[PDB]
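Structure note - testosterone present.
Letters go in sequence order (proteins before strands), and every chain restarts at 1. One-based numbering, in listed order, for ligands and for the atoms of each.
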Amino acid sequence: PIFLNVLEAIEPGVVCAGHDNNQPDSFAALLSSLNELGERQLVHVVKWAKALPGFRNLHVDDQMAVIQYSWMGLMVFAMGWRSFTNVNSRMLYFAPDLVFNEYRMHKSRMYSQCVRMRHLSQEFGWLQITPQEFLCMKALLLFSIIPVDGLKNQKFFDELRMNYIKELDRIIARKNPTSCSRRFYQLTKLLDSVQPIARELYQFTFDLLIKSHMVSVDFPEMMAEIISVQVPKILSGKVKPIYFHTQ
Amino acid sequence: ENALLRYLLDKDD
Ligand SMILES: C[C@]12CC[C@H]3[C@@H](CCC4=CC(=O)CC[C@@]43C)[C@@H]1CC[C@@H]2O
């Protein structure tokens, strides 16, 4: 299975946030650790994306674009999976050194978002998502959010996305077509559910960036730039998710 | 243009 072989081969390892668990939880400490984790994971997302079949055939400006728009969804989905596989969705496993119980969900001031992410995590159990389905789905999330006015080379993006949809379909395909159809429906619905969550997190981090000096939250280099230049394009509707089903 | 991100994308490592 050439494609799946590649996805498993390139899958990033464990990333720690660097969080001090010996200190009492505070809003500022938790969010500063999340922001650092974001920066660390972004580095891994770039190295991963570059190794995905067909990715480097995109225009370099489109490579930049998809990474800068898709990262929240990619990272949320992966965290949901870690949470499912490591703690049966009981807590949010952001990193081995940054695990959110309900108290931290409250302290973070992102409780509503956390609950939705935990629901997402539970869906991996409820649907019995396989590791191989997870890998293909995550890859597809990189190609699930683009500018409304299209990319630099839309045709190449369209072919790439089409081929990642095909690979997911093949992983699903089960003698009975009705089971394959129900499965594809379930998984595309799950994929779609990532985007509203990512949007709420995008809103939160944008607002937090705008007031970060007031609340003592540190944003690293790339994250602060992405959140001020790219994220508002999502928030203003210039960049939108590609949904399977209508919202 | 995000210079730091483009560097990561351009970098072989
Ligand atoms: C963007 C953010 C920092 C990075 C976080 C994000 C929540 C989702 C998330 C999950 C991860 O596993 C990596 C870090 C990220 C991507 C946080 C929401 C508010 C905070 O500013």
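In this entry, more contacts with testosterone come from one chain than from any other, and UniProt calls that chain Androgen receptor.
Other chains with a heavy atom closer than 4.0 Å to testosterone: A. By the definition of a contact as any protein heavy atom under 4.0 Å away, atom 15 (C) of testosterone is not in contact. Listed by number with element, the atoms of testosterone under 4.0 Å from a non-hydrogen atom of A/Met110 are 18 (C), 19 (C). Using 4.0 Å as the threshold, A/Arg82 has a heavy atom nearer than that to some atom of testosterone. Which of A/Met72, A/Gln113, A/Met75 comes nearest to atom 6 (C) of testosterone through a heavy atom is settled by distance: it is A/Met72. Nearest non-hydrogen protein atom to atom 7 (C) of testosterone is A/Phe94 CE2, 4.1 Å.
Contact annotation: for A/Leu31 versus testosterone, heavy atoms closer than 4.0 Å belong to the side chain alone. UniProt lists residues of chain A as binding 17beta-hydroxy-5alpha-androstan-3-one; of these, a heavy atom within 4.0 Å of testosterone is found for A/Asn35, A/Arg82, A/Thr205. For atom 19 (C) of testosterone, a protein heavy-atom neighbour is found at a distance under 4.0 Å. Contact annotation: for A/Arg109 versus testosterone, there are no heavy atoms closer than 4.0 Å.
Geometrically, testosterone and A/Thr205 share a nitrogen or oxygen pair separated by less than 3.5 Å.
Atoms of testosterone found under 4.0 Å from any heavy atom of A/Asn35, numbered from 1 in the order shown, are 2 (C), 3 (C), 20 (C), 21 (O). In this structure, chain A contacts testosterone chiefly via UniProt domain NR LBD. Other-chain residues and nucleotides with a heavy atom under 4.0 Å from testosterone are A/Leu31, A/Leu34, A/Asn35, A/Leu37, A/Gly38, A/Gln41, A/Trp71, A/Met72, A/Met75, A/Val76, A/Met79, A/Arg82, A/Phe94, A/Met110, A/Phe204, A/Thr205.
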